[PDB]
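Structure (with tacrolimus).
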Amino acid sequence: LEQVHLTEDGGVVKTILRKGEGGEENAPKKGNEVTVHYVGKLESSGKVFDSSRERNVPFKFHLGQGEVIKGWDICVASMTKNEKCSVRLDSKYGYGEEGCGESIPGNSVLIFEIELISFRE
Amino acid sequence: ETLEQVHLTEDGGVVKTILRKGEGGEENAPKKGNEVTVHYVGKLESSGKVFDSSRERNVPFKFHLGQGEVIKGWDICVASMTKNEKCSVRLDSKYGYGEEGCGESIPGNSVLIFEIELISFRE
Ligand SMILES: C=CC[C@@H]1/C=C(\C)C[C@H](C)C[C@H](OC)[C@H]2O[C@@](O)(C(=O)C(=O)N3CCCC[C@H]3C(=O)O[C@H](/C(C)=C/[C@@H]3CC[C@@H](O)[C@H](OC)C3)[C@H](C)[C@@H](O)CC1=O)[C@H](C)C[C@@H]2OC
């Protein structure tokens, strides 16, 4: 599968697992509410640190607001409805030097499988 | 004048101070597995600085109780609450983010104070 670089520094690289729907009415825009399912794991250990699938409830947020880690705003802006991708985020686009809890160490590369389920204004 | 500081663990690491009593009736207490809806304000005991408020962004927080969907101190605290209860819970770092902390705002080895209000719950 082809790697799609979403920044010039290699820090956000999206692999499309399942292509989403075509057409502009199917790509979300800045400020829209998006609904996704995701599974986040560390690249280095493969261990899952957060999963909406495990909670059995999708996650909603407003796109392009900084409500989520930078790599998520960048990744989801590139997706279309029903797309499922695996995105690799350098720590610069994740939790940085600090990390968050033992399950997200400082300077960790994160891998998220993200499925864009739907969006609305 | 009522101070009620409820020690929810033997190690002193989760102490819930009750600010407003919940509605009476055991029917106003959630069970493990129930989805609960809360508002919260989180701050560091050491500096007193707020690091997050669900109120400020106007987005209530929901999770399924007692399933590890949240830091352990939260599962313990919220299991002890009843509908409309408002508390301030003190969590030692072992019930929060431990030696790692979380992001720029929460250093390693931080005691956390959360004001939590249990708004509603369901099956
Ligand atoms: C794609 C979105 C991510 C997804 C984000 C949301 C659902 C939005 C939700 C309102 C989170 C807040 O978003 C503004 C924000 O809340 C804090 O400010 C906060 O006050 C906090 O302490 N909370 C939130 C309220 C419940 C308790 C606790 C928590 O249990 O949070 C959990 C938490 C961070 C657990 C870590 C996970 C890493 C482990 O290593 C560590 O292990 C110890 C434990 C949260 C709920 C995760 O389950 C889910 C997510 O992270 C964190 C300081 C940072 C966190 O944003 C990251």
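Numbered from 1 within each chain, the chains take letters A, B, ... in sequence-line order. Order of listing sets the numbers, starting from 1, for every ligand and every atom in it. Side chains are part of it too, since the values below use all heavy atoms of this structure and drop only hydrogens, waters and symmetry mates.
- In the structure shown, the parts corresponding to tacrolimus are ligand 1.
- In this complex, the main macromolecule engaging tacrolimus, as named in the PDB entry, is 70 kDa peptidylprolyl isomerase, putative.
- At a heavy-atom cut-off of 4.0 Å, the other chains in contact with tacrolimus are listed as A, B.
- With a non-hydrogen cut-off of 4.0 Å, the residues around tacrolimus amount to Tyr38(A), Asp50(A), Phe59(A), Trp72(A), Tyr95(A), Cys100(A), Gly101(A), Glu102(A), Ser103(A), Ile104(A), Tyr40(B), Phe51(B), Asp52(B), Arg57(B), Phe61(B), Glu69(B), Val70(B), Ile71(B), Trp74(B), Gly96(B), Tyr97(B), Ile106(B), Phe114(B).
- Among all non-hydrogen protein atoms, the one lying nearest atom 42 (O) of tacrolimus is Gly101(A) CA, 3.8 Å.
- Atoms of tacrolimus found under 4.0 Å from any heavy atom of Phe51(B) (numbered from 1 in listed order, with element): 20 (O).
- Closer than 4.0 Å to atom 45 (C) of tacrolimus lies none of the heavy atoms of the protein.
- Of all protein heavy atoms, the one lying nearest to atom 34 (C) of tacrolimus is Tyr97(B) OH, 3.5 Å.
- Listed by number with element, the atoms of tacrolimus under 4.0 angstrom from any heavy atom of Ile106(B) are 53 (C).
- Close approach of tacrolimus to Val70(B) is summarised as follows: ligand atoms under 4.0 Å from at least one heavy atom of the residue are 26 (C), 30 (O).
- For atom 11 (C) of tacrolimus, the closest heavy atom belonging to the protein is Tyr40(B) OH, 4.6 Å.
- Below 4.0 Å from some heavy atom of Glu69(B) lie the following atoms of tacrolimus, by number and element: 48 (O).
- Interface of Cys100(A) with tacrolimus, defined as ligand atoms under 4.0 Å from a residue heavy atom, comprises 38 (C), 39 (C), 40 (O), 41 (C).
- The protein non-hydrogen atom at the shortest distance from atom 47 (C) of tacrolimus is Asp50(A) OD1, 4.2 Å.
- Listed by atom number, the atoms of tacrolimus under 4.0 Å from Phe59(A) heavy atoms are 1 (C), 2 (C), 6 (C), 7 (C).
- Atom numbering of tacrolimus starts at 1 in the shown order; those under 4.0 Å from a heavy atom of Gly96(B) are 43 (C).
- Under the 4.0 Å distance rule, the nearest protein heavy atom to atom 18 (O) of tacrolimus falls inside the cut-off.
- The protein atom (non-hydrogen) at minimum distance from atom 30 (O) of tacrolimus is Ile71(B) N, 2.9 Å.
- Residue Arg57(B) approaches tacrolimus through these ligand atoms, each under 4.0 Å from one of its heavy atoms: 10 (C), 14 (C).
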Less than 3.5 Å apart, N/O on tacrolimus and N/O on the protein: could you list those pairs with the distances?
residue: tacrolimus; atom: 16 (O); partner: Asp52(B); partner atom: OD2; Å: 3.2
residue: tacrolimus; atom: 18 (O); partner: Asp52(B); partner atom: OD2; Å: 2.8
residue: tacrolimus; atom: 20 (O); partner: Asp52(B); partner atom: OD2; Å: 3.3
residue: tacrolimus; atom: 22 (O); partner: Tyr97(B); partner atom: OH; Å: 2.6
residue: tacrolimus; atom: 30 (O); partner: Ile71(B); partner atom: N; Å: 2.9
residue: tacrolimus; atom: 40 (O); partner: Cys100(A); partner atom: O; Å: 2.7
residue: tacrolimus; atom: 40 (O); partner: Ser103(A); partner atom: N; Å: 3.1
residue: tacrolimus; atom: 48 (O); partner: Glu69(B); partner atom: O; Å: 3.3

